[PDB]
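The model below depicts Fatty acid-binding protein, adipocyte holding fluorescein.
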Amino acid sequence: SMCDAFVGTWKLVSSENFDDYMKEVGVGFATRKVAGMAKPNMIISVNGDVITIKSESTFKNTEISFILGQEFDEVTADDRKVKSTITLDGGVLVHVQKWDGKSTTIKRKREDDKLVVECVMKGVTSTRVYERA
Ligand SMILES: O=C(O)c1ccccc1-c1c2ccc(=O)cc-2oc2cc(O)ccc12
Ligand SMILES: O=C(O)c1ccccc1-c1c2ccc(=O)cc-2oc2cc(O)ccc12
(Lines of atoms letter the chains of each structure in order from A and count residues from 1; the text may use other names and numbers.)
(Lines give C-alpha, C1' and ligand atoms only; values in the text may rest on other atoms or scores of the structure.)
(Ligands and ions follow the chains in the order given, each with its own letter.)
Protein backbone atom coordinates (compact mmCIF):
# COMPACT_ATOMS: atom_id res chain seq x y z
CA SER A 1 0.00 0.00 0.00
CA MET A 2 0.88 3.76 0.33
CA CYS A 3 2.48 2.98 3.79
CA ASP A 4 5.29 1.01 2.04
CA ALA A 5 7.00 4.41 1.08
CA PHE A 6 7.43 5.00 4.88
CA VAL A 7 8.45 1.39 5.67
CA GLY A 8 12.09 0.88 6.52
CA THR A 9 14.90 2.00 8.84
CA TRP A 10 15.54 5.76 9.11
CA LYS A 11 18.36 7.72 10.77
CA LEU A 12 18.14 11.30 12.01
CA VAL A 13 20.50 13.48 9.91
CA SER A 14 19.31 17.03 10.66
CA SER A 15 17.12 18.92 13.14
CA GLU A 16 16.13 22.54 13.25
CA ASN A 17 14.33 24.49 16.03
CA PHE A 18 13.43 21.29 18.01
CA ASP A 19 14.28 22.91 21.38
CA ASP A 20 11.90 25.90 20.64
CA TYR A 21 9.18 23.52 19.46
CA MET A 22 9.52 21.32 22.67
CA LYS A 23 9.46 24.55 24.86
CA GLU A 24 6.16 25.53 23.15
CA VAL A 25 4.77 21.95 23.74
CA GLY A 26 5.60 22.38 27.47
CA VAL A 27 8.42 19.78 27.62
CA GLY A 28 10.61 20.32 30.73
CA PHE A 29 14.23 21.49 30.62
CA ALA A 30 15.95 18.14 31.42
CA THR A 31 13.80 16.16 28.91
CA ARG A 32 14.33 18.87 26.18
CA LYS A 33 18.15 18.68 26.55
CA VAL A 34 18.04 14.81 26.56
CA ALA A 35 15.69 14.66 23.53
CA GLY A 36 17.60 17.45 21.76
CA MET A 37 20.87 15.46 21.94
CA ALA A 38 19.45 12.10 20.71
CA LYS A 39 20.12 10.98 17.10
CA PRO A 40 17.32 8.39 16.85
CA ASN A 41 16.97 5.51 14.46
CA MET A 42 13.31 5.09 13.51
CA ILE A 43 11.86 1.75 12.24
CA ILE A 44 8.52 2.00 10.45
CA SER A 45 6.84 -1.29 9.69
CA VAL A 46 3.40 -2.53 8.57
CA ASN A 47 1.58 -5.72 9.51
CA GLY A 48 -1.94 -5.90 8.05
CA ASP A 49 -3.71 -2.66 9.07
CA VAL A 50 -1.32 -2.13 12.03
CA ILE A 51 1.53 0.38 11.70
CA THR A 52 4.49 0.16 14.11
CA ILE A 53 6.96 3.03 14.68
CA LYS A 54 9.95 2.05 16.82
CA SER A 55 12.50 4.67 17.80
CA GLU A 56 15.95 3.76 19.14
CA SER A 57 18.46 6.14 20.75
CA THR A 58 20.94 6.39 23.69
CA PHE A 59 18.15 8.49 25.34
CA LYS A 60 15.36 5.84 24.96
CA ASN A 61 13.62 3.01 23.04
CA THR A 62 9.98 3.69 22.16
CA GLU A 63 7.32 1.78 20.27
CA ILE A 64 3.86 2.79 19.13
CA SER A 65 1.42 0.55 17.21
CA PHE A 66 -1.70 1.90 15.68
CA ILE A 67 -4.40 1.76 13.07
CA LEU A 68 -4.88 4.82 10.80
CA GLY A 69 -7.65 7.03 12.11
CA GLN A 70 -8.01 5.07 15.40
CA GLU A 71 -7.20 7.08 18.51
CA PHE A 72 -4.65 5.57 20.96
CA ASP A 73 -2.82 6.24 24.23
CA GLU A 74 0.80 7.35 23.80
CA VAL A 75 3.48 7.84 26.52
CA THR A 76 5.80 10.90 26.80
CA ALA A 77 8.60 11.94 29.25
CA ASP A 78 6.66 15.18 30.18
CA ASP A 79 3.71 16.33 32.44
CA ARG A 80 1.39 15.34 29.52
CA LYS A 81 -0.67 12.10 29.05
CA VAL A 82 -1.64 12.24 25.37
CA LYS A 83 -4.41 10.83 23.16
CA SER A 84 -3.00 10.45 19.62
CA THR A 85 -4.53 9.89 16.15
CA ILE A 86 -2.45 9.19 13.06
CA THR A 87 -4.01 9.49 9.61
CA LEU A 88 -2.69 9.36 6.04
CA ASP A 89 -3.58 12.62 4.22
CA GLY A 90 -2.55 12.75 0.54
CA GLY A 91 0.69 10.81 1.05
CA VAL A 92 1.55 12.57 4.36
CA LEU A 93 1.42 10.68 7.76
CA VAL A 94 -0.34 13.26 10.08
CA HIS A 95 0.18 12.53 13.84
CA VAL A 96 -2.04 14.63 16.13
CA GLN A 97 -1.21 14.49 19.89
CA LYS A 98 -3.95 15.97 22.20
CA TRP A 99 -3.69 16.64 25.96
CA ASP A 100 -5.30 19.12 28.44
CA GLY A 101 -7.47 20.62 25.62
CA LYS A 102 -4.33 21.46 23.53
CA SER A 103 -2.79 19.75 20.43
CA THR A 104 0.40 19.44 18.34
CA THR A 105 0.87 17.97 14.88
CA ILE A 106 3.85 15.87 13.63
CA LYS A 107 3.79 15.38 9.85
CA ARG A 108 6.03 12.90 8.00
CA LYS A 109 6.46 13.13 4.22
CA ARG A 110 8.71 11.27 1.74
CA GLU A 111 11.00 13.71 -0.20
CA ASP A 112 13.74 12.21 -2.43
CA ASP A 113 15.29 9.44 -0.24
CA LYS A 114 14.42 11.22 3.00
CA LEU A 115 11.61 11.27 5.57
CA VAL A 116 10.96 14.93 6.31
CA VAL A 117 9.35 15.56 9.70
CA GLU A 118 7.45 18.83 10.34
CA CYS A 119 6.40 19.45 14.01
CA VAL A 120 4.01 22.34 14.67
CA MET A 121 2.81 23.80 18.03
CA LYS A 122 0.95 27.20 18.12
CA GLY A 123 2.92 28.55 15.13
CA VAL A 124 6.34 27.19 16.28
CA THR A 125 7.84 24.83 13.68
CA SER A 126 10.67 22.30 13.91
CA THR A 127 11.93 20.45 10.83
CA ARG A 128 13.72 17.12 11.22
CA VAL A 129 15.17 15.05 8.39
CA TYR A 130 15.80 11.28 8.40
CA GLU A 131 17.67 9.18 5.78
CA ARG A 132 17.36 5.45 4.98
CA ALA A 133 19.63 3.33 7.24
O1 LIG B 1 10.11 11.63 15.06
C2 LIG B 1 10.51 12.69 15.50
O3 LIG B 1 11.64 13.21 15.14
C4 LIG B 1 9.73 13.48 16.50
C5 LIG B 1 9.26 14.74 16.14
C6 LIG B 1 8.53 15.50 17.04
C7 LIG B 1 8.26 15.01 18.31
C8 LIG B 1 8.70 13.76 18.68
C9 LIG B 1 9.44 12.98 17.78
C10 LIG B 1 9.88 11.63 18.23
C11 LIG B 1 9.03 10.54 18.14
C12 LIG B 1 7.65 10.61 17.76
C13 LIG B 1 6.86 9.52 17.66
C14 LIG B 1 7.38 8.18 17.92
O15 LIG B 1 6.71 7.17 17.69
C16 LIG B 1 8.77 8.10 18.36
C17 LIG B 1 9.53 9.22 18.47
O18 LIG B 1 10.82 9.06 18.92
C19 LIG B 1 11.66 10.16 19.06
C20 LIG B 1 12.92 9.90 19.58
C21 LIG B 1 13.80 10.96 19.75
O22 LIG B 1 15.06 10.72 20.23
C23 LIG B 1 13.42 12.26 19.42
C24 LIG B 1 12.16 12.49 18.90
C25 LIG B 1 11.26 11.45 18.71
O1 LIG C 1 8.83 12.15 25.57
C2 LIG C 1 9.73 11.32 25.49
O3 LIG C 1 9.67 10.13 26.04
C4 LIG C 1 10.97 11.58 24.68
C5 LIG C 1 12.22 11.36 25.25
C6 LIG C 1 13.37 11.45 24.47
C7 LIG C 1 13.27 11.77 23.13
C8 LIG C 1 12.04 12.02 22.56
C9 LIG C 1 10.87 11.93 23.32
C10 LIG C 1 9.56 12.23 22.66
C11 LIG C 1 8.70 11.11 22.21
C12 LIG C 1 9.10 9.77 22.22
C13 LIG C 1 8.24 8.78 21.77
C14 LIG C 1 6.97 9.11 21.31
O15 LIG C 1 6.14 8.13 20.86
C16 LIG C 1 6.55 10.43 21.29
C17 LIG C 1 7.42 11.41 21.73
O18 LIG C 1 6.96 12.71 21.64
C19 LIG C 1 7.75 13.77 22.03
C20 LIG C 1 7.21 15.01 21.92
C21 LIG C 1 7.95 16.18 22.36
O22 LIG C 1 7.48 17.32 22.24
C23 LIG C 1 9.28 15.95 22.90
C24 LIG C 1 9.80 14.70 22.99
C25 LIG C 1 9.08 13.53 22.56
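Along the sequence shown, the residues carry numbers beginning at 1. Hydrogens, waters and symmetry mates play no part in the numbers below; they use all other heavy atoms, side chains included. Read the numbers this way: they start at 1 and go in the same order the structure lists the ligands and their atoms. Heads up, header says this was done by X-ray crystallography, 1.9 Å.
All instances of fluorescein together account for ligands 1 and 2. The binding-site residues for fluorescein (ligand 1) (non-hydrogen atoms, 4.0 Å) are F18, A38, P40, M42, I53, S55, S57, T62, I64, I106, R108, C119, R128, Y130. Near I53, meaning under 4.0 Å from any of its heavy atoms, are these atoms of fluorescein (ligand 1): 15 (O).
Taking every heavy atom of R108 and a limit of under 4.0 angstrom, the matching atoms of fluorescein (ligand 1) come to 1 (O), 2 (C), 12 (C), 13 (C). Short contacts between fluorescein (ligand 1) and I106, defined as distances under 4.0 Å to a heavy atom of the residue, involve ligand atoms 6 (C), 7 (C). Listed by atom number, the atoms of fluorescein (ligand 1) under 4.0 Å from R128 heavy atoms are 2 (C), 3 (O), 23 (C), 24 (C). Applying the 4.0 Å criterion to heavy atoms of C119 picks out, from fluorescein (ligand 1), the atoms 5 (C), 6 (C). Residue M42 approaches fluorescein (ligand 1) through these ligand atoms, each under 4.0 Å from one of its heavy atoms: 1 (O).
Near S55, meaning under 4.0 Å from one of its heavy atoms, fluorescein (ligand 1) places the atoms 16 (C), 18 (O), 20 (C).
Each of the following atoms of fluorescein (ligand 1) lies closer than 4.0 Å to a heavy atom of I64: 15 (O). Residues of chain A that UniProt annotates as binding fatty acid and that have a non-hydrogen atom under 4.0 Å from fluorescein (ligand 1): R128, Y130. On a distance-only criterion, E74 and fluorescein (ligand 1) share no N/O pair closer than 3.5 Å.
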